Protein chains: 4
Amino acid sequence: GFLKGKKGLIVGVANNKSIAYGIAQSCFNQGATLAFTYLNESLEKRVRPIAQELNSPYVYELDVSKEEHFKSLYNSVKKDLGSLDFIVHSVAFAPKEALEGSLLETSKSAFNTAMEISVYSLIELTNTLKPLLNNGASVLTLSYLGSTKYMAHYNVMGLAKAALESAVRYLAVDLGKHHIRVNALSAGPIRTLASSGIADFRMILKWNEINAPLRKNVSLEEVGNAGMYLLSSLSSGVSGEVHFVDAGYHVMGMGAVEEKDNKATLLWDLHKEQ
Amino acid sequence: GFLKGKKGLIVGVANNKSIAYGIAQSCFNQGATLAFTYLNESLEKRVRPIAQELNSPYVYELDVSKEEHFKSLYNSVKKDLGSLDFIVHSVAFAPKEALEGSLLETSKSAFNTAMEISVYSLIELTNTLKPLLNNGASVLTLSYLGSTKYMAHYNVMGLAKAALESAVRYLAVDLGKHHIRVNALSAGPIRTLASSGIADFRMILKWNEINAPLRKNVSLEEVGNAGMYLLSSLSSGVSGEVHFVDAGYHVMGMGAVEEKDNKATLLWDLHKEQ
Amino acid sequence: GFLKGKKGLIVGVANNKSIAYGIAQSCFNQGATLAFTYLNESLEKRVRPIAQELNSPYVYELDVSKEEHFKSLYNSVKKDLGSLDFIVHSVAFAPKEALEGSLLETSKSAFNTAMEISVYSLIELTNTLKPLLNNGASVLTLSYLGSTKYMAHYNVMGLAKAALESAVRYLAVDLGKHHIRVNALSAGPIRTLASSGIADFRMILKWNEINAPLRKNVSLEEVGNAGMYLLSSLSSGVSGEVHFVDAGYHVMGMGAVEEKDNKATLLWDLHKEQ
Amino acid sequence: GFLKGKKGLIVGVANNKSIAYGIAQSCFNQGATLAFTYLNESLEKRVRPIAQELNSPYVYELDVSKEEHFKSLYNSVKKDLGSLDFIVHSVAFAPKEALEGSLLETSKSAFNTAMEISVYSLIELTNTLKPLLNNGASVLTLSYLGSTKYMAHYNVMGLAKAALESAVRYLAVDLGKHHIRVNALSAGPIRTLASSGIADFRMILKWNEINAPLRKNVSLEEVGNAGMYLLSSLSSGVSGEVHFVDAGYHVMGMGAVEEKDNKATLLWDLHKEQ
Ligand SMILES: NC(=O)c1ccc[n+]([C@@H]2O[C@H](COP(=O)([O-])OP(=O)(O)OC[C@H]3O[C@@H](n4cnc5c(N)ncnc54)[C@H](O)[C@@H]3O)[C@@H](O)[C@H]2O)c1
Ligand SMILES: NC(=O)c1ccc[n+]([C@@H]2O[C@H](COP(=O)([O-])OP(=O)(O)OC[C@H]3O[C@@H](n4cnc5c(N)ncnc54)[C@H](O)[C@@H]3O)[C@@H](O)[C@H]2O)c1
Ligand SMILES: NC(=O)c1ccc[n+]([C@@H]2O[C@H](COP(=O)([O-])OP(=O)(O)OC[C@H]3O[C@@H](n4cnc5c(N)ncnc54)[C@H](O)[C@@H]3O)[C@@H](O)[C@H]2O)c1
Ligand SMILES: NC(=O)c1ccc[n+]([C@@H]2O[C@H](COP(=O)([O-])OP(=O)(O)OC[C@H]3O[C@@H](n4cnc5c(N)ncnc54)[C@H](O)[C@@H]3O)[C@@H](O)[C@H]2O)c1
Ligand SMILES: Oc1cc(Cl)ccc1Oc1ccc(Cl)cc1Cl
Ligand SMILES: Oc1cc(Cl)ccc1Oc1ccc(Cl)cc1Cl
Ligand SMILES: Oc1cc(Cl)ccc1Oc1ccc(Cl)cc1Cl
Ligand SMILES: Oc1cc(Cl)ccc1Oc1ccc(Cl)cc1Cl
């Protein structure tokens, strides 16, 4: 495969429906040597079997909010793997309240919690493992249209992803010198532990399926393959790029209609709403 | 004037070169009643005469990192002016170190400092004064190209302005229901207290000057008129807009060369570099 | 006003609901000396009173597809006004067929007509009057979100507008040196002659009203006021800018929902579609 | 490979340095059965051997300016290959003058030639071959940063590329209904027949090399692999996307400076210019 002999660190796995898992699965099929991290011993209960299924004996603890966990991580991968060719940064969080209602009511607390866990953590993770990154290494993070466009109740998480994307741009220039790449994969809505916690997510998912050019929701396999590509030398001439894997949803300037032309009606007014 | 009888709150005045003042100056000539805020007593020594120079007796204290200041602001204007038609958010801060070197070396501390003072403050300032805002009210903040593009050692400030512009988008939806507008004016480099205290600023300035389409730097007056417009009814149809006042610089995909056709040479190699 | 003693050419008026009219009306109210053109004698019947109504006795014939009309035009304003401070390029066309169905069915013939009348015309109009443009002159054209986002059946006109926004960018660099500004005002949907001829235009309009941040359609006055600003010295620091005047519509990444939060319902499913 | 048993049409091969060839090469190594096309007999002398080396006996004539060639194409692929899984649209032309001097001097003639060969041809190519496109088919075209940013003397080609990306957006919606993908690969400067004939091209190249984050120029293999990715099921979740293979150049907001921080100096002022 295109990741043969390549070593990579996967951060974000919570279960087999995780974006990072789809990416790890895809990376595995291409011969990569993987390493995984887990937030707490409860998630490790799921990250471990997942890890075994992908020929990986490297499982470490890493709660991005605990700076000492980073110090341990550096020592871990340097001992167990010597070096890293790629990193997957698939982590984000914000209090449940922050994602409902408006951005106005956001508490300074929820703001910082979402900024730190979802943005700064990319900086700390990358700086921490910087001296262990081989030349040509690739750093991939996960974003969402909500960064540049308004998406119902995404709120502060929207402000985070915008900063996240900017960081990707600045990190690509900081590491470009040493031939290292940085990108963001902008996936469309998809069912995962984090999303199943968001209010009326089934709706966001229906609006995308019905109004997206390909008229479908992206699979975990599709997101995994786009990621794998971005992390492989297949894309060594690609950096500081925000790559959409959303069934083409990003192009829409309004609700789809194209299929119906009698008088032109919204596809929404005909599917799951009549 | 297009602001006669209109009441606005100006946040961000440090001296008479501040962007916030230019916009204030312009709104003044249009008949707006002005109100100013200062960070500390030291700054009040400069904000005071200015307010007086522009007919304003309503001067209040406001350090965005102090939440109790916000409740006072409220009571202060609710008592003095009763209502607000437009708010100017001209604030941004980050430690000196964070704006030099690389984004990678940024600390969790400077990060949270950059994000709070420069982004969350717009949220608290707005949500606080919300019930004092008349229908048709306009909220303007200031950003910089660094938000979506790499600019020399802008580092963490670039992440801030990226969330800032995204916050402008969500606030516009949050407050649009109530007929209120939220925009951002992305001004080009311009010499002010805060900018003069930034490494090699002389260079960013000259580069924009030579490479900009209008072949010059933007004046404080031009930024002020751009803002006055965004804050006047003249733009009642505008919202969630990042308005560029940069002498067209933002359109360049490389250094200028145009006038000289002989064999095409960078204007920079001909201007102040021979 | 901010256009006192300023002379500008207004191109594109068909009746009193035209965008070029709103722009004209607004510029008139600011002391501008206007001049108008007309496609044919039938439109001249409406461009004449309108022209009188705005203290303008300069009315010339101009069909952008007729190269000779441009030669007359130059001679006309050189005699009648000596010079131009601003220009309004408000012209667009494409066969009815091309604006329905898909982009795939567009004939080579419709493609060219749409590109010529809608894009090249800006190039010819500007290049022709270039010798009569005073320093600080401002060139304003009109575009629509369909340039960068897909909009129902906008098709080839979507391709035109995108080339047009890129044209705006290249012309700003070409004329930038001579202190001349070039911008585009991207207006939101609004009822006019050309639009009343578009299939199911009412829907585009309804959708914007319900889903736009300000929850209303933009008025002809708001478009004019924006254009006037773009054409006045008030924006002497703005160039190569695509300025949106759509009630904040461009920020939306999906249909509005906000006002209803029980389970978060689409405002569309509650307004003009129960 | 990821295109094993996948049949595609390669349009635009001029020699072993063409972008279309690199993509073909990368696709050939992924198991695809290829088919090529040539403009005139003078190019068939370079396409035939390339087609042979890549295992292809399907070499057809196609001058996008001639509509009859499209009818033959259809018949040629329907008879020789039965159906198509992917199409490569790597064609663009504009008169030599148009690409030098200013966009202002462009003639109506050259405007129409640029638009037609570089934009309309994507529309005819896809609509003609449409009945031969299998579900999940992928359509890829090539663009350049000049489409949305000013690039020296790119001029009218910049307008074409902007319409081209817009067409990619509308075509993606027209063919998505049938599960077909449409994307654009925006490559960075690279040595080809067409580019070699461009004014001051070495400069554009050195400028991207020094200012690009990965500090190099992209290779034909990288552009090739990026396109093969876009054209394979590996990217079945991506559509209407403009994908940048430019060593990350697009992220730059100004010239590079990074590595040097004595007073912060341009990398350009130190490399190939002292
Ligand atoms: N699922 C979607 O529809 C979608 C769409 C676009 C972007 N994304 C992005 O994908 C990433 C998340 O993937 P997901 O959607 O599969 O959710 P997920 O729950 O599967 O993964 C998120 C992971 O982050 C971990 N995490 C949370 N806080 C942490 C902290 N303090 N320290 C260390 N780890 C922590 C969680 O344990 C979890 O494993 C996020 O960046 C998210 O913004 C998701
Ligand atoms: N100067 C430029 O070239 C430029 C370019 C683009 C954007 N901007 C933006 O303009 C705004 C500031 O204007 P400026 O550049 O004229 O700088 P300035 O020095 O004139 O103003 C900065 C202001 O921020 C205030 N401030 C900082 N921390 C604060 C806090 N804790 N609480 C309350 N106030 C605080 C200061 O009191 C000061 O008045 C910022 O948002 C900045 O990002 C400036
Ligand atoms: N009305 C809207 O909702 C809307 C939205 C976005 C952008 N626009 C843009 O506004 C501009 C026109 O404004 P409008 O909507 O008031 O339409 P309108 O019908 O009022 O004006 C269009 C003008 O173009 C002129 N024209 C057409 N072909 C011509 C030719 N061959 N030679 C000379 N003139 C010709 C017509 O005579 C007409 O006066 C167009 O560029 C259009 O793309 C309109
Ligand atoms: N070379 C670069 O640095 C660069 C950068 C960005 C985008 N591109 C794009 O790549 C594509 C071309 O590839 P290239 O750069 O390798 O150049 P190239 O010389 O290798 O290919 C250009 C091809 O276009 C064909 N062509 C021109 N007119 C035609 C017509 N009327 N009918 C049929 N074919 C015609 C020519 O035969 C030629 O093969 C173009 O779309 C170009 O805009 C190139
Ligand atoms: O960014 C996301 C975008 C979408 Cl559409 C769905 C899930 C996402 O991811 C998250 C969103 C909110 C929280 Cl609190 C935590 C995570 Cl992991
Ligand atoms: O955002 C800015 C952009 C530019 Cl080009 C110049 C000055 C700016 O303003 C600041 C920069 C850094 C800090 Cl700590 C505080 C402020 Cl007010
Ligand atoms: O660009 C436009 C966008 C909108 Cl929403 C409405 C009208 C517009 O303008 C036109 C569209 C098509 C044709 Cl044939 C002629 C014109 Cl004047
Ligand atoms: O689009 C391009 C961009 C670059 Cl940087 C280099 C070459 C390109 O391709 C062309 C440019 C002009 C003409 Cl006439 C024909 C072609 Cl194929």
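One letter per chain, A onward, in the order of the sequence lines. What you see of chain A is 2-275, where the numbers are those given in the PDB entry. Using the numbering of the PDB entry, the residues shown for chain B are 2-275, in order. Note that chain C carries the PDB entry numbering, so the residues on display, from first to last, are 2-275. The residues of chain D that appear here are 2-275 by the PDB entry count, in order. Values below: all heavy atoms of this structure, side chains included; hydrogens, waters and symmetry mates excluded. Method of determination (from the header): X-ray crystallography, 2.5 Å. Counting starts at 1 for both ligands and their atoms, following the listed order.
Per PDB records, the drug at ligand 7 is named triclosan. In this PDB structure, UniProt names the chief binding partner of triclosan (ligand 7) as Enoyl-[acyl-carrier-protein] reductase [NADH] FabI. With heavy atoms closer than 4.0 Å, the chains neighbouring triclosan (ligand 7) read C. Counting heavy atoms within 4.0 Å, the binding site of triclosan (ligand 7) comprises C:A93, C:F94, C:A95, C:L100, C:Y145, C:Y155, C:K162, C:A195, C:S196, C:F202. Nearest protein heavy-atom contact of atom 12 (C) of triclosan (ligand 7) is C:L100 CD2, 3.3 Å.
If you check which protein heavy atom lies closest to atom 15 (C) of triclosan (ligand 7), you get C:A93 O, 3.1 Å. Among the UniProt-annotated substrate-binding residues of chain C, those with a heavy atom closer than 4.0 Å to triclosan (ligand 7) are the following: C:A95. In chain C, UniProt NAD(+)-binding residues less than 4.0 Å from triclosan (ligand 7) by heavy-atom distance: C:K162, C:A195. Shortest contact from atom 17 (Cl) of triclosan (ligand 7) to any protein heavy atom: C:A195 CB, 3.1 Å. Measured between heavy atoms and rounded to 1 Å, the nearest UniProt active-site residue of chain C to triclosan (ligand 7) is C:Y155, 3 Å. In this structure, atom 2 (C) of triclosan (ligand 7) lies nearest to the protein heavy atom C:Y155 OH, 3.5 Å. Source organism of chain C, per the entry: Helicobacter pylori. Nearest non-hydrogen protein atom to atom 7 (C) of triclosan (ligand 7) is C:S196 CB, 3.9 Å. Within triclosan (ligand 7), counting atoms from 1 as listed, the ones closer than 4.0 Å to a heavy atom of C:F202 are 5 (Cl), 6 (C).
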